[PDB]
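In this structure, dabigatran is found bound to Thrombin heavy chain.
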Amino acid sequence: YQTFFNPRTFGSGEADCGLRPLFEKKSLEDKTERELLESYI
Amino acid sequence: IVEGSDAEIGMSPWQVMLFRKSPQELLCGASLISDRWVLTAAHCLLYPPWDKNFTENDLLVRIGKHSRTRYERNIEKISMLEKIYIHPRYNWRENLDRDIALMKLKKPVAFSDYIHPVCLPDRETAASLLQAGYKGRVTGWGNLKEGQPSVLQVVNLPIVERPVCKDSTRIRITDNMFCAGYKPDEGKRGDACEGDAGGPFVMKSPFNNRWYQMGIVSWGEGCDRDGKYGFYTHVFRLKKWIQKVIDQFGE
DNA sequence: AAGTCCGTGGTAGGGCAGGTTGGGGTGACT
Ligand SMILES: Cn1c(CNc2ccc(C(=N)N)cc2)nc2cc(C(=O)N(CCC(=O)O)c3ccccn3)ccc21
Ligand SMILES: [Mg+2]
Ligand code: NA
């Protein structure tokens, strides 16, 4: 991922956006995300 | 959410609740895209046909919430709105074209296990994920059928072919919206409902494992009717407006 | 598949640009 906005106006958060502390950060998958993944095939 | 399930704790940490102060009621969903910017639907703040017209002081936002009711100490956070920006091309009468608003928090919110922003799509994520049959995730505390739920609901819905969207409604739809939901012949069901409007339609990239908000819950004829689909605001298409508002008026 | 359409009101002012707004894409239609 690469940033698009200026943190001064946008705020913090963009660098690490869309990665959940309790799932992606822990290498745990939620109970239905697999459904999404399988739809992209 | 109709035909959904209970969200797991921390499953949608960009979920935001948009409340009216007095009398206290849940108005809409919304999403956290940074420590101080929130995305929602324009009609949540301004919709003259329902004499809906809201200023910054009328509203409250609650973040990091699982249970609709009880206060969740050291988990949820309260915030006030500094300023609201509705898209100038928002059409509240004909077709809800460009149904999007940006909302600036009066102070930055701290991130946690329960509070974390969603990514905004770029051209390539739009090109890769916006395909008929590809599924995204809708979340909210709106009605379970056409009883508002105890805890946040989640359902996964396929993006639909454009010609089907168009034939599903008399409304003159535009390139600034898309539709999602199962067809009658697919057997499966599910949809957003009243109270889910303004919440995010998210999608997980198989390329970088990140969640992207591709859509905003905008409008639908009833909820979960056969031959009807939920309409979502096309976030990527409006990303330039987002950037301009944030550049021109941020912190 | 040569191309052509996506602004002057509309959701709405003062004006024919552009602004927080008429870009370019899941392009669509012929
Ligand atoms: C339900 N809902 C909401 C908000 N909550 C919401 C609820 C459910 C869903 C959902 N079912 N996923 C998604 C959002 N706003 C709505 C505006 C109209 C409406 O304005 N029009 C005219 C303009 C236009 O909508 O084009 C329209 C459409 C068909 C007929 C007549 N009128 C109908 C329904 C609306
Ligand atoms: Mg104009
Ligand atoms: Na449906």
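Chain letters run A, B, ... following the sequence lines, proteins first and then strands; every chain starts at 1. When a ligand or atom number is given, it counts from 1 through the structure's own listing order. In what follows, every heavy atom counts, from backbone to side chain, and hydrogens, waters and symmetry copies are set aside.
Counting every copy, the structure places dabigatran at ligand 1. Other chains within heavy-atom reach of dabigatran, distance under 4.0 Å: B. Residues with a heavy atom within 4.0 Å of dabigatran: B:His43, B:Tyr47, B:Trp50, B:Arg93, B:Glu94, B:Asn95, B:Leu96, B:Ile171, B:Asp191, B:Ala192, B:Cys193, B:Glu194, B:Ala197, B:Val217, B:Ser218, B:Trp219, B:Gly220, B:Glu221, B:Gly222, B:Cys223, B:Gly230. Annotation for dabigatran: atoms under 4.0 Å from non-hydrogen atoms of B:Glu194 are 1 (C), 5 (N), 7 (C).
Nearest protein neighbour of atom 12 (N) of dabigatran, counting heavy atoms only, is B:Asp191 OD1, 2.8 Å. Taking every non-hydrogen atom of B:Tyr47 and a distance limit under 4.0 Å, the qualifying atoms of dabigatran come out as 17 (C), 19 (C), 20 (O).
For dabigatran, the atoms sitting less than 4.0 Å from at least one non-hydrogen atom of B:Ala197 are 5 (N), numbered in the order shown with element in parentheses. The UniProt domain of chain B holding most contacts with dabigatran is Peptidase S1. Against a heavy-atom cut-off of under 4.0 Å, B:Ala192 is close to the following atoms of dabigatran: 10 (C), 11 (N), 12 (N). Applying the 4.0 Å criterion to heavy atoms of B:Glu94 picks out, from dabigatran, the atoms 23 (C), 26 (O).
The nearest heavy-atom contact from the protein to atom 27 (C) of dabigatran is B:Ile171 CD1, 3.9 Å. The closest protein non-hydrogen atom to atom 29 (C) of dabigatran is B:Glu221 CG, 3.4 Å.
Heavy-atom contacts of B:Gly222 reach the following atoms of dabigatran: 11 (N) (cutoff under 4.0 Å). The closest protein non-hydrogen atom to atom 34 (C) of dabigatran is B:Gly220 O, 3.3 Å. Atom 4 (C) of dabigatran has B:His43 NE2, 3.5 Å as its closest protein atom, hydrogens excluded (heavy atom only). Per-residue contacts place B:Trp50 under 4.0 angstrom from the following atoms of dabigatran (heavy atoms of the residue considered): 3 (C), 15 (N). In summary, the atoms of dabigatran found under 4.0 Å from a heavy atom of B:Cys223, numbered by their order in the structure, are 11 (N). Shown here, atom 31 (C) of dabigatran is out of close reach of the protein: none of its heavy atoms lies under 4.0 Å off.
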